[PDB]
Amino acid sequence: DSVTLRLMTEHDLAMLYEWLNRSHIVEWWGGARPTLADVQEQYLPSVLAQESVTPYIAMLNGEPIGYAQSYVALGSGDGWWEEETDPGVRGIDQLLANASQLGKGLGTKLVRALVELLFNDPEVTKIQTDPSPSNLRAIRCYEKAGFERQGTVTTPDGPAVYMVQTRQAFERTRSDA
Ligand SMILES: CC(=O)SCCNC(=O)CCNC(=O)[C@H](O)C(C)(C)COP(=O)(O)OP(=O)(O)OC[C@H]1O[C@@H](n2cnc3c(N)ncnc32)[C@H](O)[C@@H]1OP(=O)(O)O
Ligand SMILES: NC[C@@H]1O[C@H](O[C@H]2[C@@H](O)[C@H](O[C@@H]3[C@@H](O)[C@H](N)C[C@H](N)[C@H]3O[C@H]3O[C@H](CO)[C@@H](O)[C@H](O)[C@H]3N)O[C@@H]2CO)[C@H](N)[C@@H](O)[C@@H]1O
Ligand SMILES: [Ca+2]
Ligand SMILES: [Ca+2]
């Protein structure tokens, strides 16, 4: 059915810890097999706020099915998005909790939901994402969700395929009119 997003709370941290240690997630996220204390210290919504990151839980049929986050690119940690000048740019990262639910279009639905959420903030001008060049499945998911590959950028987490979706693009693709 429909994928929706809710803010993540401190009550979700134990569940997130479990997720972040699932093998299909470890492959792409972290580098990193975080301990419970790691997840508690780093993903606490108030702590994430210090790097302009907002955490979400993705929901499907009343069940938590994934984690996502958005961030203000201009507000990111040292080394991150240092050429950015537009405070309207938001980036996203996300994961699906269940190995059995990968590759079935659920991630595309999640990304679409997150993109819509973000453009409902009228200050937001463009959404970006930075999948690993190795992560072809994530790249194709973002493409299906309306992102376009720009090129390769150097990040603190290595080279990334920089992908964007502008507000004008989102407007244009809302209808075939
Ligand atoms: C910036 C970031 O957050 S980067 C990545 C983040 N997180 C992760 O990788 C965690 C582990 N993976 C996941 O959570 C999920 O796979 C997600 C969220 C990345 C993607 O969601 P999914 O539901 O798996 O993707 P979805 O099924 O919507 O689309 C994936 C597409 O990739 C395609 N694909 C998979 N592998 C490849 C490949 N090697 N080459 C080309 N295409 C591929 C699939 O065929 C599908 O495209 P299609 O509809 O044209 O057939
Ligand atoms: N990883 C250790 C911790 O990272 C924290 O940083 C938090 C975020 O700022 C950081 O997220 C960065 C984001 O900042 C940056 N602007 C974009 C980058 N892709 C994100 O990276 C995140 O998502 C990708 C998936 O796309 C994962 O592969 C990666 O391991 C994960 N950290 O990941 C952490 C969870 O959101 C703090 N710097 C600190 O507590 C500590 O260094
Ligand atoms: Ca405002
Ligand atoms: Ca149109």
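Per the PDB entry, chain A residues shown: 21-51, 54-199, in order. Every heavy atom of this structure was used, including side-chain atoms; hydrogens, water molecules and symmetry mates were not. According to its header, this structure was worked out by X-ray crystallography, 1.8 Å. Read the numbers this way: they start at 1 and go in the same order the structure lists the ligands and their atoms.
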Next item on the list: Specify the drug or drug candidate at ligand 2.
Entry: paromomycin
Next item on the list: Report, by its name in the PDB entry, the chain making the most contacts with paromomycin (ligand 2).
Entry: AAC(6')-IB
Next item on the list: For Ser98 and paromomycin (ligand 2), answer yes if some heavy atom of the residue is under 4.0 Å from a ligand atom, otherwise no.
Entry: yes
Item checked: Per-atom contact, atom 37 (C) of paromomycin (ligand 2), protein heavy atoms, under 4.0 angstrom -> yes
Margin query: Within the 4.0 Å heavy-atom shell around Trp48, which atoms of paromomycin (ligand 2) are there?
Written below: 28 (O)
Item checked: Heteroatom proximity flag, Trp103 to paromomycin (ligand 2), N/O under 3.5 Å -> yes
Checklist line | Other ligands and ions under 4.0 Å from paromomycin (ligand 2) | finding: ligand 1 (acetyl coenzyme *A)
Next item on the list: Can you confirm whether something in the protein, heavy atoms only, sits under 4.0 Å from atom 42 (O) of paromomycin (ligand 2)?
Entry: no
Margin query: Just to be sure I read this right, does paromomycin (ligand 2) sit under 4.0 Å from the backbone of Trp49, its side chain, both, or neither, counting only heavy atoms?
Written below: both
Check: Among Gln150, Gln91, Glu47, whose heavy atom sits nearest atom 12 (C) of paromomycin (ligand 2)?
Finding: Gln91
Margin query: Give me the residue, atom name and distance of the protein heavy atom closest to atom 32 (N) of paromomycin (ligand 2).
Written below: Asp179 OD2, 4.5 Å
Next item on the list: Under 4.0 Å, heavy atoms only, figure out whether paromomycin (ligand 2) is touched by the backbone of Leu70, its side chain, both or neither.
Entry: side chain
Next item on the list: Return yes when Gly50 approaches paromomycin (ligand 2) closer than 4.0 angstrom through a heavy atom, no otherwise.
Entry: yes
Check: Can you tell me the protein heavy atom closest to atom 25 (C) of paromomycin (ligand 2) and the distance?
Finding: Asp115 OD1, 3.5 Å
Next item on the list: Using a strict cut-off of 4.0 Å, indicate which atoms of paromomycin (ligand 2) neighbour a heavy atom of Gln64.
Entry: 1 (N), 2 (C), 3 (C), 40 (O)
Check: Any protein heavy atom under 4.0 Å from atom 18 (C) of paromomycin (ligand 2)?
Finding: yes
Checklist line | atom 9 (O) of paromomycin (ligand 2): nearest protein contact (heavy atom, Å) | finding: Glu73 OE1, 2.7 Å
Check: What is the residue list for the binding site of paromomycin (ligand 2), using non-hydrogen contacts under 4.0 Å?
Finding: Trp48, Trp49, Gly50, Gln64, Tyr65, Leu70, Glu73, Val75, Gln91, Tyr93, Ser98, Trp102, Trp103, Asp115, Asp152, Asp179
In a simple table, one pair per line, please give the protein and paromomycin (ligand 2) atom names for every N or O pair closer than 3.5 Å, along with the distance.
{"unit_1": "paromomycin (ligand 2)", "atom_1": "6 (O)", "unit_2": "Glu73", "atom_2": "OE1", "d": "3.2"}
{"unit_1": "paromomycin (ligand 2)", "atom_1": "9 (O)", "unit_2": "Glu73", "atom_2": "OE1", "d": "2.7"}
{"unit_1": "paromomycin (ligand 2)", "atom_1": "11 (O)", "unit_2": "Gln91", "atom_2": "NE2", "d": "3.1"}
{"unit_1": "paromomycin (ligand 2)", "atom_1": "16 (N)", "unit_2": "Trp103", "atom_2": "NE1", "d": "3.0"}
{"unit_1": "paromomycin (ligand 2)", "atom_1": "19 (N)", "unit_2": "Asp115", "atom_2": "OD1", "d": "2.8"}
{"unit_1": "paromomycin (ligand 2)", "atom_1": "19 (N)", "unit_2": "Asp152", "atom_2": "OD1", "d": "2.9"}
{"unit_1": "paromomycin (ligand 2)", "atom_1": "19 (N)", "unit_2": "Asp152", "atom_2": "OD2", "d": "3.0"}
{"unit_1": "paromomycin (ligand 2)", "atom_1": "23 (O)", "unit_2": "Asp115", "atom_2": "OD1", "d": "3.4"}
{"unit_1": "paromomycin (ligand 2)", "atom_1": "26 (O)", "unit_2": "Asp115", "atom_2": "OD1", "d": "2.6"}
{"unit_1": "paromomycin (ligand 2)", "atom_1": "28 (O)", "unit_2": "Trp48", "atom_2": "O", "d": "3.1"}
{"unit_1": "paromomycin (ligand 2)", "atom_1": "30 (O)", "unit_2": "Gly50", "atom_2": "N", "d": "2.8"}
{"unit_1": "paromomycin (ligand 2)", "atom_1": "36 (O)", "unit_2": "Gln91", "atom_2": "OE1", "d": "2.6"}
{"unit_1": "paromomycin (ligand 2)", "atom_1": "36 (O)", "unit_2": "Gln91", "atom_2": "NE2", "d": "3.2"}
{"unit_1": "paromomycin (ligand 2)", "atom_1": "38 (N)", "unit_2": "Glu73", "atom_2": "OE1", "d": "3.1"}
{"unit_1": "paromomycin (ligand 2)", "atom_1": "38 (N)", "unit_2": "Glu73", "atom_2": "OE2", "d": "3.1"}

